[PDB]
Amino acid sequence: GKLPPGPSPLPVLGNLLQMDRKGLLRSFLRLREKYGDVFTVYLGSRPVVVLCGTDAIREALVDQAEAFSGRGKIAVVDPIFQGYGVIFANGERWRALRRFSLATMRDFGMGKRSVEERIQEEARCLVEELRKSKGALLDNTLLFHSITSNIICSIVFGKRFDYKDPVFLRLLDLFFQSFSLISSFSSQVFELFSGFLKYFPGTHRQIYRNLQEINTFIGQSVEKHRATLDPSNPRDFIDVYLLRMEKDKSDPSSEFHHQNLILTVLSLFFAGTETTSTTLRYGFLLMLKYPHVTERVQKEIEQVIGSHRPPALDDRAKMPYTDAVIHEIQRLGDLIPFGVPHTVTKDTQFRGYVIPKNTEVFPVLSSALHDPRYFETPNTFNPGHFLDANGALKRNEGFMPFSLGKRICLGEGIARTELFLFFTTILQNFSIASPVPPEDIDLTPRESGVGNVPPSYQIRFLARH
Ligand code: HEM
Ligand SMILES: COC(=O)[C@H](c1ccccc1Cl)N1CCc2sccc2C1
């Protein structure tokens, strides 16, 4: 059988000359033009099948679910994970860690409170914090990280850190600093000639160093956990894992050991922080470009929720407008423009092609979220893409900002609760304003890579009465 169509590789250099100085995403989309929806390109000596549009991705990730369930690797961070922890595990280790990982976020945690209740509490702390700024213009970057972290922290490390605590301000810097270097221009060069480049200095050193410094903190918290553990009454994620360590003393094939634990907390502690939060950032940037929409969300909050009780997650179903606005921030925000890389698990017959076992597959989620076949005028913000005549919420197949399939975002339910409660709680209590007029807000990312990062912007949060 055949590999999909695509340009001709100079070996060692692969397809360097058919790429584009813009980035990995521009490059793939510029080839989509020539070779179709499924196609093959050469990053270094490595072949990758590339998937485009709703229909291609869905065929692969959902119709050949298991076939496409394997994970690839981000060269810039594989020094750190090396096939360990939940994001980057594969086969049995992955199955095991995902399974445990779903179960554990749903139930055991700080104050034995529900994830909702916890996100509620964080939101309550964001409000009090924001009030303190008295409407002065800030940059919302830092607070937006603080609040997403503290959720993940409260789950994994069983506690939340105070916004000014310098132990914690330093984890946030590392995390933000890395996630931006991760998706800088250099780290994409690196995605191509990792083999050659991993010798000379560069941006991957910095990322490695930064990540190792988080592992240190993760490490020294596992230890406190283990010391002061209690079998009767597991505090949180780490505590539960340790008890599963004990349950598994006599299983030689148990995957619950110190590497996976450390690197699972790193994955969670990463994703938990750096996406749910840049989404919020982008979301508020859009609200500054579209005060009309913000007034409608704010009226909808006034009707369904009112101005005294805090927002609750069951309100979402009663608030389709807001729910559309959030959908539409995820779609246009589009913070993972070409998925996290997959690999096929067996030899696979795809659109009458053979994709050999272990060949890397890039589901380009951004070309689904901007897919003209499913969204009109797909580069413009419109909450209407998710509403019908009657103002009811309206599902759309092109909408997969969390990927699809067997590898679908595990955090999805937390992400969605954080989005809904954080935007409705801020918007219930504050009115927003920037110096920049709506007509000159630019939505062009400060970095477009393996993830998208919105530009910095000023914003002010005015207490409503
Ligand atoms: C709105 C914010 C988020 C977005 C847009 C998002 C999106 C994604 C995407 C696109 C993937 C790749 C799925 C794939 O290619 O198979 C993924 C994987 C993953 N995400 Fe999320 N995510 C978000 C929030 C979170 C949160 C809050 C957590 C923390 C619990 C999280 C944890 C994970 C994990 C553990 C994986 C790996 C799943 C696996 O490999 O089995 N994500 N996410
Ligand atoms: C690839 O761009 C990201 O936004 C990711 C991401 C977010 C959510 C789910 C999975 C992923 Cl990989 N992060 C956050 C977690 C980690 S671990 C090493 C690097 C990154 C960058």
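Numbering of chain A is taken from the PDB entry, so the residues present carry the numbers 28-492, in order. Every number for a ligand or one of its atoms is a count from 1 in the order of the listing. Any value given below was found using the heavy atoms of this structure, including those in side chains, with hydrogens, waters and symmetry copies removed.
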K.L.:
Trying to figure out the drug at ligand 2 - which of hydroflumethiazide, clopidogrel, homatropine, fasudil would it be?
P.N.:
clopidogrel
K.L.:
I keep wondering which chain grabs clopidogrel the most here. What name does the PDB entry give it?
P.N.:
Cytochrome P450 2B4
K.L.:
Can you check which residues touch clopidogrel if I set the heavy-atom cut-off to 4.0 Å?
P.N.:
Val104, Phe108, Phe206, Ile209, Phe297, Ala298, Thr302, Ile363, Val367, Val477
K.L.:
Where, taxonomically, does chain A originate according to the PDB?
P.N.:
Oryctolagus cuniculus
K.L.:
To which residue and atom does the entry give clopidogrel a covalent bond, if any?
P.N.:
none
